[PDB]
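Sequence positions for chain A are given in the PDB entry numbering; the residues included correspond to 1-37, 47-147, 152-298, in order. The analysis underlying the following values was restricted to heavy atoms, covering all of them including side chains, and did not include hydrogens, waters or symmetry mates. Each ligand, and each atom within it, is numbered from 1 in the order the structure gives.
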Amino acid sequence: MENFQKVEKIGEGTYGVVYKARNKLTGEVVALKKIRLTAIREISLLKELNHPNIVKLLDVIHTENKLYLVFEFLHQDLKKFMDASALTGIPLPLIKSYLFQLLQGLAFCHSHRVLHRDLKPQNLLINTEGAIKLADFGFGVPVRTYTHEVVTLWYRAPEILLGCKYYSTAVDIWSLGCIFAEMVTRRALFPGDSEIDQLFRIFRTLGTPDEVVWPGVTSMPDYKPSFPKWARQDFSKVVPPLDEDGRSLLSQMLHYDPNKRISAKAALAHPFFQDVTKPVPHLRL
Ligand SMILES: O=C(NC1CCNCC1)c1n[nH]cc1NC(=O)c1c(Cl)cccc1Cl
């Protein structure tokens, strides 16, 4: 750890602080995550999970009660680029390129039985090259200072909210669907501020789920017959001015039933991507 010089604190999460740092010996600039203290073996698997759309875990440094993760550094995250692009919006061909790349990254994860579990714009890092990468794949002492982030539950799949313990790769598809919608419309799709507010915002848009559209729903841990019964609203009202290929794909990423939800791999074959390209964003570092 003496091999690293802090440049600045980048931010803090629930169980770790992130710094920009310089490797005194490689010359590399890196993002360093510090966690105050199975975990070690699952991190070592993370070291082998290498893909162009996954932030490269360069090193894991266990010292006798801290764990440091050393990542490749990227300058910008999607959350801030969305904020930066709010007045004009992200051009569609860039939206589609970022969506395709995250689908590639997830296709890869998923085929190796790795779930992200917590995708959100602030976890998606971007470079000058038009690349977008998955970061902060989903123990330790809690940072007392961590300040609460409104966006926290906004990307949570409904089966998580309903108490499914043994949820699947489909939760990452749901999250990415929510991100897709938000890029298109420049508004969060389901901006809940508690778990029941998050559930009810979903129900209001997509309709309260029942056995017809989601077999087994009524038997989930936190499901209540007393949930209000909202009617589903038209998708054309939900993400204008997205074209029918886009809306068709989004609809399949947002299926209630985890088993009907489109997989990352099938999503890459969707007609929305027939004309995909790789534009480069205009970033202001
Ligand atoms: O945070 C980073 N860069 C900042 C983006 C916003 N502008 C300044 C630079 C970064 N660069 N490489 C990796 C990361 N961050 C993460 O991997 C990460 C962790 Cl370790 C924990 C929670 C979220 C994220 Cl994204």
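The main binding partner of ligand 1 here is, in the terms of the PDB entry, cell division protein kinase 2.
At ligand 1, of AT7519, R-talinolol, SYR-472, FG-2216, VT-464, the drug present is AT7519. With non-hydrogen distances under 4.0 Å, the site around AT7519 consists of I10, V18, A31, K33, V64, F80, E81, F82, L83, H84, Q85, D86, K89, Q131, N132, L134, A144, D145.
For atom 8 (C) of AT7519, the closest non-hydrogen atom of the protein is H84 O, 3.4 Å. Checking only distances, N132 never comes within under 3.5 Å of AT7519, N or O to N or O.
Protein heavy atom in closest approach to atom 25 (Cl) of AT7519: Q131 O, 3.5 Å.
For AT7519, the atoms lying closer than 4.0 Å to a non-hydrogen atom of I10 are 1 (O), 2 (C), 3 (N).
In the vicinity of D86, heavy-atom distances shorter than 4.0 Å reach the AT7519 atoms 6 (C). According to UniProt's Mg(2+)-binding annotation of chain A, the residues with a heavy atom under 4.0 Å from AT7519 are as follows: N132, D145. Scanning the protein heavy atoms around atom 3 (N) of AT7519, the nearest turns out to be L83 O, 2.9 Å.
This entry records no covalent attachment of AT7519 to a chain.
The distance from AT7519 to the heavy atoms of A31 drops below 4.0 Å at these ligand atoms: 10 (C), 11 (N), 12 (N), 13 (C), 14 (C). Scanning all protein heavy atoms for the shortest distance to atom 12 (N) of AT7519 gives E81 O, 2.6 Å. Listed by number with element, the atoms of AT7519 under 4.0 Å from a non-hydrogen atom of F82 are 9 (C), 11 (N), 12 (N).
When hydrogens are left out, the protein atom nearest atom 15 (N) of AT7519 is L134 CD1, 4.1 Å; that is the closest non-hydrogen contact.
In terms of protein heavy atoms, atom 16 (C) of AT7519 is closest to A144 CB, 4.2 Å. Per UniProt, the active-site residue of chain A found nearest to AT7519 (heavy-atom distance, rounded to 1 Å) is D127, 8 Å. Of the residues UniProt lists as binding ATP in chain A, a heavy atom under 4.0 Å from AT7519 is found for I10, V18, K33, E81, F82, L83, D86, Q131, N132, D145. Between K89 and AT7519, no pair of N/O atoms sits closer than 3.5 Å. The protein heavy atom nearest to atom 24 (C) of AT7519 is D145 CB, 4.1 Å. Counting only heavy atoms of the protein, atom 19 (C) of AT7519 lies nearest to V18 CG2, 3.7 Å. The contact region for AT7519 on chain A lies mostly in UniProt domain Protein kinase.
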